[PDB]
Q: 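Below: experimental structure, doxofylline bound to Bromodomain-containing protein 2.
All residue numbers given for chain A refer to the PDB entry; the residues shown span 341-454 in order. Just follow the structure's listing: the first ligand is 1, and inside any ligand the first atom is 1.
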Amino acid sequence: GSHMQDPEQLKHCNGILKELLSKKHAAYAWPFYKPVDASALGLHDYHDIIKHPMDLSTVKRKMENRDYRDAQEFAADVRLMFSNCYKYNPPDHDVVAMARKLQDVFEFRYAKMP
Ligand SMILES: Cn1c(=O)c2c(ncn2CC2OCCO2)n(C)c1=O
Ligand SMILES: Cn1c(=O)c2c(ncn2CC2OCCO2)n(C)c1=O
């Protein structure tokens, strides 16, 4: 059920999303800007292992289309994106190091939900 706080909380989520996409974090956020192109990268098992792909461009489209009804739904998608990275890649892979840094940006600001 929708709560009167949902629009304001979604604005906070949109602000986080803008930050994740901003130049400030680009050095480690860039792998997450677009869907994993498994075939281009030679990752021919990616879609057998990752059943629910997610990335920041998809989160952005869902936010712009008013798909997310509340902050929790938004956060589940952002976390899904990171979890897919941790599931597919060895934990010492550089993309995992980048995911951990971007997730730290996300979690600390999500925790500041007004
Ligand atoms: C392959 N590769 C990128 O694609 C990239 C990048 N730094 C940023 N990006 C992403 C680019 O910025 C705007 C959206 O695409 N670097 C260092 C890189 O190696
Ligand atoms: C999330 N994600 C990527 O974005 C990715 C990738 N393999 C390549 N890329 C694109 C870029 O190349 C070097 C760092 O990320 N994998 C396995 C992955 O999980």
Q: Against heavy atoms of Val376, which atoms of doxofylline (ligand 2) measure under 4.0 Å?
A: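 Those atoms are 1 (C), 2 (N).
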Q: Judging by distance only, is a nitrogen or oxygen of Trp370 under 3.5 angstrom from one on doxofylline (ligand 2)?
A: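 No, there is no polar N/O contact under 3.5 Å.
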Q: Could you check which of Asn429, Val435, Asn424 puts a non-hydrogen atom nearest to atom 19 (O) of doxofylline (ligand 2)?
A: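 Heavy atom nearest to atom 19 (O) of doxofylline (ligand 2) belongs to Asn429.
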Q: I'd like to know the UniProt domain of chain A that holds most residues touching doxofylline (ligand 2), can you help?
A: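 That's UniProt domain Bromo 2.
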Q: Distance under 4.0 Å to a non-hydrogen atom of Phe372: what atoms of doxofylline (ligand 2) satisfy this?
A: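 Near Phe372, the atoms of doxofylline (ligand 2) are 1 (C).
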Q: Which of the listed options, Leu381, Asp377, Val436, holds the heavy atom that is closest to atom 9 (N) of doxofylline (ligand 2)?
A: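 Minimum heavy-atom distance to atom 9 (N) of doxofylline (ligand 2) goes to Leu381.
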Q: Give the source organism of chain A as listed in the PDB entry.
A: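 For chain A, the PDB records Homo sapiens.
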Q: Would you mind telling me if doxofylline (ligand 2) is within reach of the side chain of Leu383, the backbone, both or neither, using heavy atoms under 4.0 Å?
A: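 The part of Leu383 near doxofylline (ligand 2) is the side chain, not the backbone.
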Q: Pull out every atom of doxofylline (ligand 2) sitting under 4.0 Å from any heavy atom of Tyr428, numbered as shown with elements.
A: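 The list of qualifying atoms is 17 (C).
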Q: In terms of residue, atom name and distance, what is the protein heavy atom nearest to atom 15 (O) of doxofylline (ligand 2)?
A: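 Residue, atom and distance for the closest contact: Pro371 CB, 3.3 Å.
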Q: Quick check: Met438 and doxofylline (ligand 2), any N/O pair under 3.5 Å apart?
A: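 No - when backbone and side-chain N and O of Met438 are compared with those of doxofylline (ligand 2), no distance drops under 3.5 Å.
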Q: Just curious, which residues make up the binding site of doxofylline (ligand 2) with non-hydrogen atoms under 4.0 Å?
A: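 Non-hydrogen contacts come from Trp370, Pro371, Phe372, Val376, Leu381, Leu383, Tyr428, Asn429, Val435.
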Q: Could you list, one pair per line, each nitrogen or oxygen of doxofylline (ligand 2) together with any protein nitrogen or oxygen closer than 3.5 Å, giving atom names and the distance rounded to 0.1 Å?
A:
from, atom 1, to, atom 2, distance (Å)
doxofylline (ligand 2), 4 (O), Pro371, O, 2.9
doxofylline (ligand 2), 19 (O), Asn429, ND2, 3.0

